[PDB]
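Presented below is an entry in which one can find pyrimethamine.
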Amino acid sequence: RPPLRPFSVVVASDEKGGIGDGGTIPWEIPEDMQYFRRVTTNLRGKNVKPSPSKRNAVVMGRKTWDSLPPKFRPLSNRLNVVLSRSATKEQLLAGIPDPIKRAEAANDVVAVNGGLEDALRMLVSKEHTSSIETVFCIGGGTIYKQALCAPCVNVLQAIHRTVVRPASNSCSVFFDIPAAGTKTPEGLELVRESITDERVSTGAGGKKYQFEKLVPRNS
Ligand SMILES: NC(=O)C1=CN([C@@H]2O[C@H](COP(=O)(O)OP(=O)(O)OC[C@H]3O[C@@H](n4cnc5c(N)ncnc54)[C@H](OP(=O)(O)O)[C@@H]3O)[C@@H](O)[C@H]2O)C=CC1
Ligand SMILES: CCc1nc(N)nc(N)c1-c1ccc(Cl)cc1
């Protein structure tokens, strides 16, 4: 009251909950990159192609948007919602180097002067409940923290986590989630719905990874 649009988290973290060094993701796992793209891009049902009339949204902090290599700004086929206390939509667009692509990106980027909560209230609007199918929170550290506590955590439907091993020695930013069998002080307990068997990445270092899905426990 007002309600918050339900959402899912997509993240890649190691055993220490490390997700980044403050500016970028330390490891290179191309299989996770591809999976992230498909998971956040894919729409429900058969043969539904993303468009302004219906697509998914990815919500991220301004630093995560900046971490995006300019050539991938904005994330294609998805509404990009950037949280920033100052950066305007125009200022976000100005960071897109290809001027033609920038002209096209005008309808794919939205700047929110607020946190995840503000984004979730906005994504409930008559204009987004129909045009936005699924809302994915994609980072970073500060946004994940907001995602895991009230009032956001209350509408959290799932966490698509890519488990990375071995632990990185460059992570200073984390994704703090209660271990299996534990419930956070606020009351959040996560249950593993599924997890792939460990696989070795073709990227540098050959990091081992698993695609795991977690959902809040609903006794
Ligand atoms: N492994 C993974 O899956 C992921 C890793 N990352 C990594 O994490 C790091 C970035 O994390 P982090 O430092 O926490 O930065 P964030 O991505 O979380 O962005 C923080 C910023 O977002 C905006 N913001 C956050 N809360 C609010 C609010 N309540 N109101 C208005 N604006 C808000 C502000 O930007 P502003 O300064 O403009 O005001 C703030 O500085 C990088 O190392 C990146 O590579 C990021 C996503 C996923
Ligand atoms: C492909 C990396 C990746 N993998 C997973 N599992 N989750 C994420 N949230 C991201 C990610 C991090 C930063 C940006 Cl800028 C875009 C996406």
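Using the PDB entry numbers, chain A covers 23-241, in order. All values below come from the heavy atoms of this structure, side chains included, with hydrogens, waters and symmetry mates left out. Every number for a ligand or one of its atoms is a count from 1 in the order of the listing.
- To find every copy of pyrimethamine, look at ligand 2.
- The chain in largest contact with pyrimethamine (ligand 2) bears the name, in the PDB entry, of Bifunctional dihydrofolate reductase-thymidylate synthase.
- Looking only at protein heavy atoms, the nearest one to atom 14 (C) of pyrimethamine (ligand 2) is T86 CG2, 3.9 Å.
- The closest approach between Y166 and pyrimethamine (ligand 2) falls below 4.0 Å for a heavy atom of the residue.
- Remark: pyrimethamine (ligand 2) atoms within the under-4.0 Å shell around heavy atoms of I160 are 9 (N).
- Residue, atom and distance of the protein heavy atom nearest to atom 12 (C) of pyrimethamine (ligand 2) are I47 CD1, 3.5 Å.
- Taking every non-hydrogen atom of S89 and a distance limit under 4.0 Å, the qualifying atoms of pyrimethamine (ligand 2) come out as 15 (Cl).
- No part of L97 comes within 4.0 Å of pyrimethamine (ligand 2), judged by heavy-atom distances.
- Every atom of pyrimethamine (ligand 2) is numbered from 1 in the order shown, and the set under 4.0 Å from a heavy atom of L90 is 15 (Cl).
- By the deposit information, the source of chain A is Trypanosoma brucei rhodesiense.
- For pyrimethamine (ligand 2), the atoms sitting less than 4.0 Å from at least one non-hydrogen atom of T184 are 6 (N), numbered in the order shown with element in parentheses.
- Here the protein heavy atom with the shortest distance to atom 2 (C) of pyrimethamine (ligand 2) is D54 OD2, 3.3 Å.
- Not a single heavy atom of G161 sits less than 4.0 Å from an atom of pyrimethamine (ligand 2).
- Scanning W87, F94, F58, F197 for the heavy atom closest to atom 16 (C) of pyrimethamine (ligand 2) points to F58.
- Taking every heavy atom under 4.0 Å from pyrimethamine (ligand 2), one finds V32, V33, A34, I47, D54, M55, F58, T86, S89, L90, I160, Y166, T184.
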